[PDB]
There are 2 protein chains.
Amino acid sequence: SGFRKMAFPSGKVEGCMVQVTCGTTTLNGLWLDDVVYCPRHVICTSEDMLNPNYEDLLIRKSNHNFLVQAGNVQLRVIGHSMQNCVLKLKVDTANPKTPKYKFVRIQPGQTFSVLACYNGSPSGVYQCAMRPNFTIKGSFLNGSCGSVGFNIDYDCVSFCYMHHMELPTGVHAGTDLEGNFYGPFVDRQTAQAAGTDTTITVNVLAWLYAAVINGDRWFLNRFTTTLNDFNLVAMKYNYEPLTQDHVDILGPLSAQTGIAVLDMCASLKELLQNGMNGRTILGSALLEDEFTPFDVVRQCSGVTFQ
Amino acid sequence: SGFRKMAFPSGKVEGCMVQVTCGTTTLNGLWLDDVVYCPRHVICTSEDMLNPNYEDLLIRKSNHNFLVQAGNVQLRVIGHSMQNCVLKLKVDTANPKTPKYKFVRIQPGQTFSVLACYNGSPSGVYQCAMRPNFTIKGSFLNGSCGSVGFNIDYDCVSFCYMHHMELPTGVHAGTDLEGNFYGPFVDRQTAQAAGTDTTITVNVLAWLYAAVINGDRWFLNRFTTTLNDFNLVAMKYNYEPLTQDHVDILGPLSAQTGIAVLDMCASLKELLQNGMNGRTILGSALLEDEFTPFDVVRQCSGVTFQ
Ligand SMILES: CC(C)[C@H](C(=O)Nc1ccc(C(=O)NO)cc1)c1ccccc1
Ligand SMILES: CC(C)[C@H](C(=O)Nc1ccc(C(=O)NO)cc1)c1ccccc1
């Protein structure tokens, strides 16, 4: 028993992190097979970042200007190209530690693990969610760009995020590994503000099931509701509308606990309208929304990765 | 910016995890040099666990009864011995992935990362604190015994915890790597209840400094206090007494922010007496106490491990 915010084991990704330097700028890169992926703003100065013309800035760069270091050992760059907002640096050595991997573009509401790195070196690992406004709430300092987010299924690493930017409001924006930003954000130091940070309703419900499985049940009540009735309350509290697709996804947790999804929705409705009254659920005084239904099933059943 | 509950990169420990089977019981072991460490209750049946005589149960075990598997490859056991509540299984092959390591017995209030494993395979990583009542609040299912907790400094892994037991109340108990339990707990299925779960005051203060560094400052007020005055309030709220040693440890964070430790204590006092009034601090509605002062400095400065 016990339910914790849990990241994937990070060893498979640790062996892919390198340092990339272009001029005065150092950040992180991801070394898979004979390609190193990194944010294209490695080629910028701090001045450049206000209005960068990346195509023009890259004309002045040659292979030998990209210094790529894996631990203490230097990699030889034999080609470079820009794909959307990432650079692909072709090196003459395939990463011998390359795991089985895929590139995936995740949907808002899905979760992933971040390996925070500096100077190509891992600093820590934590769990994140792609928010409905396409930001993530991470922990990133200067030098952390190029840190990646990922999920693992058995022995295959699905890379879904690369870190690029911090907004003035303290939240974070980045791309998939094809270099396309999540949401409307751009790699320019400008006025770009995040939209409404809505709560991921299906994840809150999954976490309430996790609470019941682990013995926290004070919030269960005698009520039920309907999708349309619940969603009137969801809207008031900036919760994402619950759909029949979401109900179906919660089916397995419903079956295990014997609590119908709409009954749990009625529990959530009362929690939103009345608050916690100073009580806690799984050690939290907030309704947690960065556990997916699949996260809960996985942790409550103890699946592993080889 | 951003402040997250962050675990150490787990790759160095992943390469040390093995599966240990004795009869019908399978759990995890830690393979360092030519020794595998695991909980001694691997030799017990579920019946045995009510009143086990470990010395007598071990007489019936020989080296070849301990099946030790590293991934898909079997290790040969050439000796075994009991040290306190752990077994040390001598194998004929030194773990080629052995990192630089130490065994450490941590103090209540210190934090560490847990690599949750099943059948010798990593499942996830999360951050824990040794509570003042010598429990930890983990995420452990059947099969997770032998999972370990650790800190990393540069390239040296300090192992501090091995998981052994779940109490009927849902919290967790275990040993250091010399096999001595933290607190009064024993590896017997009996009535053993945890004492008062007091809050780690110095860690709460460190987290409040982290909040200020990251822009959350609504809780700062015009007041100050004294150690003795604060501790009268700490006692009422089951907070550990603050000492001059704690004040000194917070010195660096005090210097960086310009907020005197006793001024932050006055902010904490008001938060305890008045609550959060529906507001949040670093995404939490509770006063978080599983960040140490060293954790905060580390995350706010981005130190790494090679
Ligand atoms: C989302 C937030 C608005 C919600 C909440 O706080 N509701 C609340 C409603 C009414 C009162 C009151 O005092 N009425 O008189 C007090 C609190 C909530 C629920 C669960 C966990 C965190 C937050
Ligand atoms: C530890 C807990 C007891 C504390 C707290 O809730 N205090 C509180 C005090 C008075 C009232 C009230 O309504 N007075 O009229 C309401 C709440 C607290 C503080 C910060 C974060 C979590 C919890």
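Chain letters follow the order of the sequence lines: the first is A, the second B, and so on. Per the PDB entry, chain A residues shown: 1-306, in order. Residue numbering for chain B follows the PDB entry; the residues present correspond to positions 1-306, in that order. Just so you know, ligand 1 is whichever comes first in the structure, and atom 1 is the first atom listed for that ligand.
- Among 9cUAB30, 4-methylumbelliferone, AR-42, MKC-442, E6201, the molecule seen at ligand 2 is AR-42.
- In this complex, the main macromolecule engaging AR-42 (ligand 2), as named in UniProt, is 3C-like proteinase nsp5.
- With a cut-off of 4.0 Å on heavy atoms, the other chains touching AR-42 (ligand 2) are B.
- Within 4.0 Å of AR-42 (ligand 2) on heavy-atom distance sit the residues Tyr237(B), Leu271(B), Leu272(B), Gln273(B), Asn274(B), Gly275(B), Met276(B), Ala285(B), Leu287(B).
- Interface of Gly275(B) with AR-42 (ligand 2), defined as ligand atoms under 4.0 Å from a residue heavy atom, comprises 5 (C), 7 (N), 8 (C), 9 (C), 17 (C), 19 (C).
- The distance criterion of under 3.5 Å between nitrogen or oxygen atoms is not met by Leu286(B) with respect to AR-42 (ligand 2).
- Close contacts of AR-42 (ligand 2) with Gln273(B), meaning ligand atoms under 4.0 Å from a residue heavy atom, involve 9 (C), 10 (C).
- Within chain B, the UniProt domain with the largest share of residues touching AR-42 (ligand 2) is Peptidase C30.
- For chain B, the UniProt active-site residue nearest to AR-42 (ligand 2), measured heavy atom to heavy atom and given to 1 Å, is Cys145(B), 32 Å.
- Close contacts of AR-42 (ligand 2) with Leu271(B), meaning ligand atoms under 4.0 Å from a residue heavy atom, involve 19 (C), 20 (C).
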